[PDB]
Amino acid sequence: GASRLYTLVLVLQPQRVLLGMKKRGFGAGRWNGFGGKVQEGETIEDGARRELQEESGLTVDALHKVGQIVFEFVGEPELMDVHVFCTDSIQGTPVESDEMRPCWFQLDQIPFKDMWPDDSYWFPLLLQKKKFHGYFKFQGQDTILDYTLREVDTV
Ligand SMILES: CCOCc1nc2c(N)nc3ccccc3c2n1CC(C)(C)O
């Protein structure tokens, strides 16, 4: 099956994580990291930085690749190849964008019920400073039917 490149960025500080609420459309109200498609004409890391900046107004001094996840959807031939990054080196104050409303969450209050269902599986690994490869099969946007998570030394 064919695949397309995407990014996902977690701003993860010692005691808190930044998530953004999706403001627009039928998917509004879901809370998640920052990211989008990787464009022709930018690197994966360029795309991750661009989406972070566009969505939260933040720039970073460094991004660390912590995961790679393949998403498959029931009835959909195209796969998502998602490169997952973490940062604790943001260079300003999170601010609202057209698309996302950033908010800080304490690490004992991660809003899993209001996040993409896959986050419940891999975000715990990220908190343990583990790197991973993942695969998730979705029914629609709310349900996982199959998955695999593997700890790796190198992403
Ligand atoms: C609006 C920015 O949303 C960040 C995000 N977070 C997740 C997530 N936790 N899980 C996902 C599962 C399947 C498809 C996309 C996503 C996803 N996405 C969309 C994606 C393009 C992969 O970053």
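The first residue of the sequence shown is numbered 1, and numbering continues consecutively from there. When the header is checked for method, it gives X-ray crystallography, 1.6 Å. These values consider heavy atoms only, across backbone and side chains, with no hydrogens, waters or symmetry-generated copies. Whatever order the structure lists ligands and atoms in, that order sets their numbers, starting from 1.
- Sitting at ligand 1 is the drug resiquimod.
- In the deposited model, most contacts to resiquimod involve the chain that UniProt calls Oxidized purine nucleoside triphosphate hydrolase.
- The residues lying within 4.0 Å of resiquimod, counted on heavy atoms, are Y6, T7, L8, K22, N32, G33, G35, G36, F71, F73, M80, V82, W116, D118, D119, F138.
- Scanning the protein for heavy atoms near atom 1 (C) of resiquimod, the closest one is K22 NZ, 3.1 Å.
- By the definition of a contact as any protein heavy atom under 4.0 Å away, atom 4 (C) of resiquimod is in contact.
- Looking from atom 20 (C) of resiquimod to the surrounding protein, the closest heavy atom is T7 O, 3.8 Å.
- With respect to atom 6 (N) of resiquimod, the closest heavy atom belonging to the protein is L8 CD1, 3.4 Å.
- Looking from atom 17 (C) of resiquimod to the surrounding protein, the closest heavy atom is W116 NE1, 3.7 Å.
- Protein heavy atom in closest approach to atom 15 (C) of resiquimod: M80 CE, 3.9 Å.
- Intersecting the UniProt 8-oxo-ATP-binding annotation for chain A with heavy-atom proximity to resiquimod (under 4.0 Å) gives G35, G36, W116, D118, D119.
- Ranking protein heavy atoms by distance to atom 9 (N) of resiquimod, first place goes to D119 OD1, 2.6 Å.
- For resiquimod, the atoms closer than 4.0 angstrom to any heavy atom of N32 are 1 (C), 2 (C), 3 (O), 4 (C), 6 (N).
- Below 4.0 Å from some heavy atom of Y6 lie the following atoms of resiquimod, by number and element: 21 (C).
- Close approach of resiquimod to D118 (heavy-atom distance below 4.0 Å) involves ligand atoms 8 (C), 9 (N), 10 (N), 11 (C), 12 (C).
- The UniProt domain of chain A that supplies most contacts to resiquimod is Nudix hydrolase.
- Per UniProt, the O(6)-methyl-dGMP-binding residues of chain A include some within 4.0 Å of resiquimod by heavy atom, namely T7, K22, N32, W116, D118, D119.
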Could you give the N/O to N/O pairs under 3.5 Å linking resiquimod and the protein, each with its distance?
| unit_1 | atom_1 | unit_2 | atom_2 | d |
| --- | --- | --- | --- | --- |
| resiquimod | 3 (O) | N32 | ND2 | 3.3 |
| resiquimod | 9 (N) | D119 | OD1 | 2.6 |
| resiquimod | 9 (N) | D119 | OD2 | 3.3 |
| resiquimod | 10 (N) | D118 | OD1 | 3.1 |
| resiquimod | 10 (N) | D118 | OD2 | 3.1 |
| resiquimod | 23 (O) | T7 | O | 2.8 |

